[PDB]
Structure formats: C-alpha cells, structure tokens
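Acetylcholinesterase, liganded with succinylcholine.
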Amino acid sequence: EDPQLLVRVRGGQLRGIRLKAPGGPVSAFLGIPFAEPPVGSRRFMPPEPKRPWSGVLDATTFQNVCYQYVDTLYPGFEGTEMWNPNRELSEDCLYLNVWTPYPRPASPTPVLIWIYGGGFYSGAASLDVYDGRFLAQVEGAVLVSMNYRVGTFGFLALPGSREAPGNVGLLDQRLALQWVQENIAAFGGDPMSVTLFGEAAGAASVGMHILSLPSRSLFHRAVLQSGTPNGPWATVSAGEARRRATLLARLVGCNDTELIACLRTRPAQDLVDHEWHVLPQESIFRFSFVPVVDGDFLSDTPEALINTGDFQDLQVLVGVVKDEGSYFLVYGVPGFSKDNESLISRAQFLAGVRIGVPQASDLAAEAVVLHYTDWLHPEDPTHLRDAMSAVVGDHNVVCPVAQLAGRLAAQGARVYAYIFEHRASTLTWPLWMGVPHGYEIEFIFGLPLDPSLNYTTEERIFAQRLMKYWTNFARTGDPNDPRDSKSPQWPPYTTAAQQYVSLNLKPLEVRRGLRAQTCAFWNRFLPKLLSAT
Amino acid sequence: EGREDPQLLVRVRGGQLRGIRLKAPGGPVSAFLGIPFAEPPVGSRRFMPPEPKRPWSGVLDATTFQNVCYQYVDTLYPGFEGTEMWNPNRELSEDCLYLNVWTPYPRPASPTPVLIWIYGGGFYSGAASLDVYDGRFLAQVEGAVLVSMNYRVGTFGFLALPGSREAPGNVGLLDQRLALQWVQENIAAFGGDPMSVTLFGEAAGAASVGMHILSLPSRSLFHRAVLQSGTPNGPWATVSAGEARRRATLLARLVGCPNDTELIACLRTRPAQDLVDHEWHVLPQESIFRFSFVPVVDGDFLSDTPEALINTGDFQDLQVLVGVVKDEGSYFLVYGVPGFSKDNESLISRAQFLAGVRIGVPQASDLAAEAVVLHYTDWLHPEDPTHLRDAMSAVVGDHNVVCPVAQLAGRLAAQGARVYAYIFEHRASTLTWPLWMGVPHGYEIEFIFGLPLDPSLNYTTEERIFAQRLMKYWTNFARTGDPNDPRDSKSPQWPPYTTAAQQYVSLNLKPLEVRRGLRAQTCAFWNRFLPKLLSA
Ligand SMILES: C[N+](C)(C)CCOC(=O)CCC(=O)OCC[N+](C)(C)C
Ligand SMILES: C[N+](C)(C)CCOC(=O)CCC(=O)OCC[N+](C)(C)C
Ligand SMILES: C[N+](C)(C)CCOC(=O)CCC(=O)OCC[N+](C)(C)C
Ligand SMILES: C[N+](C)(C)CCOC(=O)CCC(=O)OCC[N+](C)(C)C
C-alpha cells in the first residue's frame, strides 16, 4: 500500500494508481463518483451528490462512457475512432478523474479542469488525447476531467417541466466543479486557483459557466478552444427544445409528466436511434440536444448575456484552429470525402452552403456565396472546396470567437487569443482538410512527449511550449513565461488593436484582426439582413 | 481669295470654308473651327431633333471656336483652375451646333484614320472648345484627323416628354449622330477616311459613345470605340421614360408652365437661363454623380435599357478600348458631401461617412446603405478618418464608374468584342486639386490629347514621354483596333481583356504592367449582390 495513492475525500477513501509519464511517475485517481447515478427515475433529472461509501474505493481505472451515439462513417479509421467511446457505454457515468504529481504536491497547486467536446451528443474524459499525465508530470499541474451526460440524457428538455427541465449535463459539470472546491485540496490542488479549459462543445460549456452566476464562484479563469456559448449551434430556444423533445417522444411512441414518464421507460439505444431525426433542416455543425435558454441556468440568450455582462475580474484565453470547417464537410456535403481531394463544382458549392448555413434564407445564402466566391477564379474547384470549409468554420467557430473575444475585452476582461496552425505529422485525415477541428488538443495535453507516439522532435518542443502557455495562464491569468525575456510576448486581445498570436512550429507571431472583414459580414451584416428579410 | 493661304480653303456639302494654320510644338496644323452641322435649334425648334444645316453662300470663316451650348456654369470655387478649366470659354447660346476639325498641314495625301471626340460633363455641361480637347497635338504628332462637335446639354439636350412629338428626348445624342453623318459625307474633303472612324469620349462622352454602340442607326457611322471613365449602363447615364416625364413636368411647374403640346409650347417661351436656373431642383434625392436631364430609354434611340442591350447584343464586329482613372470618386465629394473641401485634408467621421453614403448611393434603401458601409469599413480601424475619406471616394467611384466599366468590359468580351482595358494612375505634376483627391476623374484627358508636349505648360519631361506613349496607344487603336505598336517588339504588350483572365494594364510613368481583375471582389458586390437585394 503506497500512501501517495491513498486519499480521503468527503465521501470516503480512494485508492489511485501510479502511472508512468516519460519524465517520471504521476498519481492518477480515475473513475471517482461525483453524483448518484442518473438512472431510472433520475433520467433527464438534475444530478444529486454522491452518497458516502465504506472502505477504500478503487480509483485505478476509467469508468463508463455516458450513453451516446457511436460514429460509423469510417469503421476502424483512427481519425474518427479516436473520438469514439473507449470504455463501455452506460447511463451510470457520472465520474471524474484527477492526475497529480507523484509524490503529491507539497503546497496548494493550480488546478486545470477539462470539459470535453462532442457536439453535446458525445465524448468521454477517458480518450487518449485528454490524458492528463503529461501536464501533471512536466508542469506539476493538478488536472481534473469529468464525464457529463450528452444527447437526450443530458439535454432533452421540456422547458418549465419539473422532470425534464433542461441543461442537466451542464449541471453535471457544475457538480464536478463543486466537488473540486470541496475535495481537491486533499490531492494537493488549490481550490482558490481553478482554470476551466475545453474544446468545441466543451468551450461552449466553459462559456456557459462564465455566463451562469452559480458557477462563477467555482472557478477563476477560463480557456475556450474552438467553441463559444454564443453562435448558431451551442444553444436552442425553449420553444425549439420543446419541439425536438416532443418529436423524439413521438418517434419512440410516447401533459409533460406523462410524456417524460414514458421516455424514461425506453431503452437508452432507442433514444439514440432517433436522435438525428429531430433537426429542422438538412445540416452540418448542428446538434439535436444542446443547452436551452431556460431562463434559469441561462437567464437570457448568451448574446444578451455577453452584451450586458460585467467581466472585470475575469481572464480568458480563446482561439481557433486553422481549418475549423473541413472535418464537418465529410459528414453531410455532397462532393466531400477523406478518400479523395474533394474538388467540387460551383453547383456543389451553392448546395453545400444551404447545408452549412441551414438557417439562411435564399438571399442570405446568395450573400454567403457571393462573399466567399473568388471572382478571379469563380469556378476553380480547389478554391470552391476551401471556400466551403471556410464558410462552415467561420460561421460556426471563428466569427463567434471574434465576437466573444471583443465583447469580453470591451467589458473589462483580460483576453488572449490565438490561431493554431500546426498540422500533426501523424494525422490520418487527408492534407486538404489542413488543421482540423479538434487537432490542437493532443499538443496542449502534451502527447508528443511520449516517444512511442512517433511525433517529430520539433513537435515535442512545440508541445512543451503549449503546455507552458496554458499552465502559465492557469497560474497567473497570463500565458507569458515570466522566466523569459527572449521569447516574443503574447499581447492581450483588445477591441482596438485586435491582437492574436499564431501557434505553430515557428516562434510566436503577433497579428491583428481575426478575419475582421469576413466576421463583420457574419456578425454585423447577416443579422441585419434576416431581421429584415 | 487670291491672297489667302490656298492650303486652308476647303468645300463641304453646305459650302466653302476658310480654316486657320495653327502652331503645334513640332510644326503647323490645319484647323477648321466652328463649322455648322445643323440648323440652330432655337425658338420653335428647342427640344426638337436637329435638322441638317442648310447650305450657306460664300466662304464661311472657320478660324475661331463657336458658341458653347447653353449650360450651368460652375462657381463652387471662383477663379480656381481645377474648376474653371471645365467651364465655357465662349459665349453661351442655344445656337451652338458646330463642329471642329484638326488635320495635318498640309492636309494628308492618302485617306487618314479619323478620331471623333465626344465631351463629358454630366449631360448638363461641356464644350468641344476647351483647352484640354485641343486636337493640334494629335494631328501634328500622329498625323491624325480629329473631329469634335458641340451637342446640346441639360434641358435643351435631354428634357423629354416621352411619346411626344415636340420633346421626344435624346436630342443631344441626335446632335452627336448628325455630326457623325456629317463626318461620313464630308471628312474626305479634309483627307480623312470615312471608312476608319474611331469614337472617343470621357464620362458622359464615354456614355454617349456606348449609346452609339447600342443604337443601330449610329453603328454604320463608325468602326471602333474608346470609353474613358464612363459607360451607357450604370446608375447615372440614363433614366426611364416615367422618370424623364416626372422631371420634365416638375421643371415646367418650377418655371411657370402646366396635354404635352401645350406644356412644351409654354416651355419654349421661357428664357434659356430660367431653365438652367431650375435644372438642379428636379432630382428625386439629395445626391452626387446624378444629373437631371440625361438619355431616356425611349424605345427609339434606346430600344431597351442599356443593361438589357449589353446582355443580349452581338458584338463580334466590335473593338473597344475602355478604362478608368485611379480616383474616380474624389472630385464629386466636394460638391455635396458634408465634411469635404478642396482646401483641407477632408478627414471625416464615421457619422459623416454614413451620411455621405446616403448622398452617394441615393437610390439605396437603408439595408443597402448599411451593406455599403459594412463592405467599405476597415474593421481593423473602423474610425480612422483618413481611411473613411478614401472609402467615401471609393464608394462613389466604384458605384458610378469602375464597376459599370467592369461589367461593360465583361459583357462585351463574353458577347464577342475585342476589349482592351486600363487603369490610369498618373497624377499630373501641375494638378491644382489637393493631393488627397489623387488622380481625379477627367485628369487623363490632357495626357491623351498630348498637352504635355507644349513646353509652355510646364509639365515634366517624363510627362511628355508619357503623353507621347498614350497618343500612340490611342491612335494605334484608331488605326488597327489594337493599341500595340506593330513594329515595336521589345515594349511590353497590352493583352485583350477576357472573362477568363480579366487582364488590363496600368498606365503610368513606368512601362505597361498587366494586372488581373478590375476590382473583381468589390464589383461583385455592386453588380451582383446589390441588385438582388433590390428584388426584395
Ligand atoms: C476504437 N476505440 C474507440 C475503442 C479505440 C480508438 O483508438 C484510438 O484511436 C486511440 C488512439 C488515439 O487516440 O489516436 C490518436 C493518437 N495520436 C493523436 C497521438 C496519433
Ligand atoms: C470532438 N471533435 C469535435 C473534435 C470530434 C467531433 O467529430 C465529429 O464527428 C464532428 C462532425 C459531427 O458532429 O457529425 C455529426 C454526425 N451525426 C449527424 C451522424 C451525429
Ligand atoms: C475662365 N474661363 C472659363 C474662360 C477659362 C478657364 O481657363 C482655364 O482654366 C484654361 C487652363 C487649363 O485648361 O488648364 C488645365 C490644363 N493644364 C494643366 C494643361 C494647363
Ligand atoms: C471632368 N468633367 C467635366 C467630366 C467633370 C468635372 O465637372 C464637375 O463639376 C464634376 C462634379 C459635378 O458633376 O457636379 C454637378 C452638380 N452641380 C451641377 C450642382 C454643380
């Protein structure tokens, strides 16, 4: 019995496991329950805290993945499979994971809490790209990750109902945050220095905690990678949530109480079987069950809340990858595949814009087509294929990030912004997709430090830089290394100067204006258009 | 005669003429100035098509420029060369339908390609007698035969009650056409070749050239065309019949007149100055780069809108040279956008930019206007008053000249034309407008006409070499339909503009440089998106 691996939390005693990182050992405490299993009558309900347990609880292995859709597009292909469940699926899934240095930190240590993405319909904290041992070992971080409910189980809402009030997967996250406040000191973490970080739906999630008061007392700084609470996909109105839940109910054969009662009788997979039959249009970058503007967790729309918020004592790191849109084109737009170069026709480009901007009127779609067409090379298939990716990336991620970045800065936040431009040498998706959505994550987590993964030396040194920016941000709210004059400074993003940095193999470069002209189109003109069209 | 210069006596259909020997820097040229080509359009003949000149007896003195057609005189900046150079330099009269011919001295031996100039000035102003339209240098240096005509402007040229007998519209264009017919019948007497006639014009003059391309009866009267900083398509060059009627009727009210016969009869009693004095009160909006009396779509001279005619025309037989100056819009800002002056740097606020967009795009709805502001804003520096000033200039230049030209060039090339395109980017060293205006609308003309060859005008040496190059491109185009020198083969070539490659050339003090796409992205906004906005 190794006493570094024995921890007493409020609910009782835990035994972790010593893991091998390249540089030395780390302590891992995996599969720690933070809620009563949300099963049976508890399906669609807010989480309750985990009852205390007897003896020593085994925290040496990852727990089950929350019940979710499993991708079939390309069976056996790493590029897709690396996001799929790597443990058994279960509704009993509300567990979290802590990595700390071994031996446990001598003094209170800043805590990073990771919130995974997956369109709010998928994901797990157990995926290889979310492995906390490298940050723990190399930077001395205390790293936490939690499972939260996805799909119908986390986000099916009959707004105003007692029994499916909405947003319960966000409440799972909040409960894990409260758990860290109450317990993390036992592991050597500092509950007074907690930084949330997440990517895509997880970044959206972090943003929603920024915009929901009860969560604000549970963390100090935030990182939003390739996602925002504002924007076209991260939330639905109460009326639309109700529509989709009643449609799903109808499709599985089901007074809210009577309707939800019958949904609870249904096997998990029966619900997943009809998850993708409830969206209003043929779309990509659109998810059926997502956070709802309930007037409770979210008191108003994210837009309203970011415009009117006071963000004075907040620090935020935000950014995007170079090719946010490409990944999504192969899941919906005719002409696109990982197995060819996806050179497309102009006709195919117009059709793809209707699918990528599903809420666009005929005229708005035309405006999108006209803005993104290169009028020097209007029928060039390479240009049209890349234009399609940009439409999707800009509309869904880049322009929402620019918007958020600017509102936070204007309203007193300390903001830092990046664009991530390195394509991993070991990437299995084709070259045309460039640096796709999700593919900075393996670098921030420091996976290239594992020599068995076959990254280059240059990538390892890069990963080390990124780990430093992130953990320095966690420590001080400023990604800049205070043990460095030599390396170029990362300036705060401001609405005036609009400075952001490029994260790539070359040293930091400072740039101005995150797609400024194109995002004025999406952020300023299109709204005016359709609030008139 | 007996003691007169025998090389200055020429006969035309209407009778004998006596011209004058003028000095060009390189040597003498022959000028026949003030040749009547129509009966004076005065009295009962105001607003009516021109009738051809009845023959005169004896020798008509053709040694001085004749009257300028009755028109508005600019007094925005009295005594200032930049404005006065465009103002009338002879007496204003409704008796003004005269033309001018410059030829080599002695007159050429064999039939010589002819250039016909059509002036601009908003269809409300201009004269063939202005110094910048002096044909002596082209005639002497290139051996050209050059012809310029006065044509009626403003109400006199363009006021219309469409469908009427007494004011059918487009009579100023018919003035131009009669001058073209005159050239066909008479130019051989001067040594010109009526089988090689190239029209060229700037601004409203270029729009006029384009309307002759689009009007069948005009097309037998020339072979090739140059359109400088203007087009028949676009927001200003024409009005609909209903809009012409409304403007004509309002003007009649304003001067104390209101059945068409009766209304026109009463207009014909008004002093010409009374019409000019009320001419600017009939525009539908507060505006710049809009003119009250312009060509009307009458279903006669213009059988359909120019937009429709360029979309469906067959232009296989056509060779055209078209282009724009670097800063088409700047000139117009000082005539009505608050914040703008020739006497300061005209740095404006963002509020002043939105107000200026409404004046510069007066037909635009609120949504259209914000589309324009959003497109033209620099979102890295959305309140920089230097960018905002230059954006205002670009808005007006792009909307009225650059994108209409881009579109004209595109359609003509698609429909069979041989098109050559330029941007003119040299600012005259002697320009009296402020530096912020750049290369303003109309400031290429003095170079094409070769004024820098006159050393008394104080242009630089480089400017003189430059003018000689331009004169060569223009006259080579007149001669052959191709601006390229057939026996210079070392100097960089000017390729035709095509829809595929969208090639055009920079005209400046450096050797020709080929560029691609004439404001391709921005012109897609004006030419494709804004229209679609309108349709709902
Ligand atoms: C099918 N399954 C869901 C049960 C396991 C999927 O396996 C992986 O992709 C794990 C390896 C992985 O994460 O791939 C990316 C590794 N990388 C980025 C270091 C190359
Ligand atoms: C976490 N990650 C975002 C980095 C990987 C997500 O990958 C996707 O499948 C994105 C494409 C997508 O959302 O497709 C939905 C497929 N559908 C409709 C079958 C569920
Ligand atoms: C007063 N007026 C209306 C009777 C005549 C105005 O005179 C001029 O501006 C003639 C000078 C001129 O055309 O100068 C501009 C061209 N440049 C630079 C070659 C002299
Ligand atoms: C070179 N050019 C003769 C072709 C144009 C220069 O003349 C102008 O006045 C341009 C500005 C303008 O058109 O103002 C008209 C408005 N008005 C009549 C009220 C002065």
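We name chains A, B, ... by the order of the sequence lines, and we start the count at 1 in each one. Both ligands and their constituent atoms are indexed starting at 1 by order of listing.
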- Query: Which chain letters have at least one heavy atom nearer than 4.0 Å to any atom of succinylcholine (ligand 1)?
  - Reply: A
- succinylcholine (ligand 1) contact by A/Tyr455, heavy-atom criterion under 4.0 angstrom: yes
- Within a distance under 4.0 Å of any heavy atom of A/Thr426, pick out the atoms of succinylcholine (ligand 1) and give their elements. 20 (C)
- Item | succinylcholine (ligand 1)-proximal atoms of A/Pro85, by part, heavy-atom distance under 4.0 Å | backbone
- Can you sort out which atoms of succinylcholine (ligand 1) are near A/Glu78, meaning under 4.0 Å from one of its heavy atoms? 14 (O), 15 (C), 20 (C)
- If you measure from atom 6 (C) of succinylcholine (ligand 1) to every heavy atom of A/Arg87, A/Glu81, A/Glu442, which option wins on shortest distance? A/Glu81
- Task: Pull out every atom of succinylcholine (ligand 1) sitting under 4.0 Å from any heavy atom of A/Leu453, numbered as shown with elements.
- Result: 19 (C)
- With atoms numbered from 1 as shown, which atoms in succinylcholine (ligand 1) lie under 4.0 angstrom from a non-hydrogen atom of A/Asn84? 3 (C)
- Task: Considering heavy atoms of the protein only, find what lies nearest to atom 10 (C) of succinylcholine (ligand 1) and give residue, atom and distance to 0.1 Å.
- Result: A/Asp128 OD2, 3.3 Å
- Which other-chain residues or nucleotides lie under 4.0 Å from succinylcholine (ligand 1), by heavy-atom distance only? A/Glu78, A/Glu81, A/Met82, A/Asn84, A/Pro85, A/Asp128, A/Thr426, A/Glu442, A/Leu447, A/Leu453, A/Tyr455
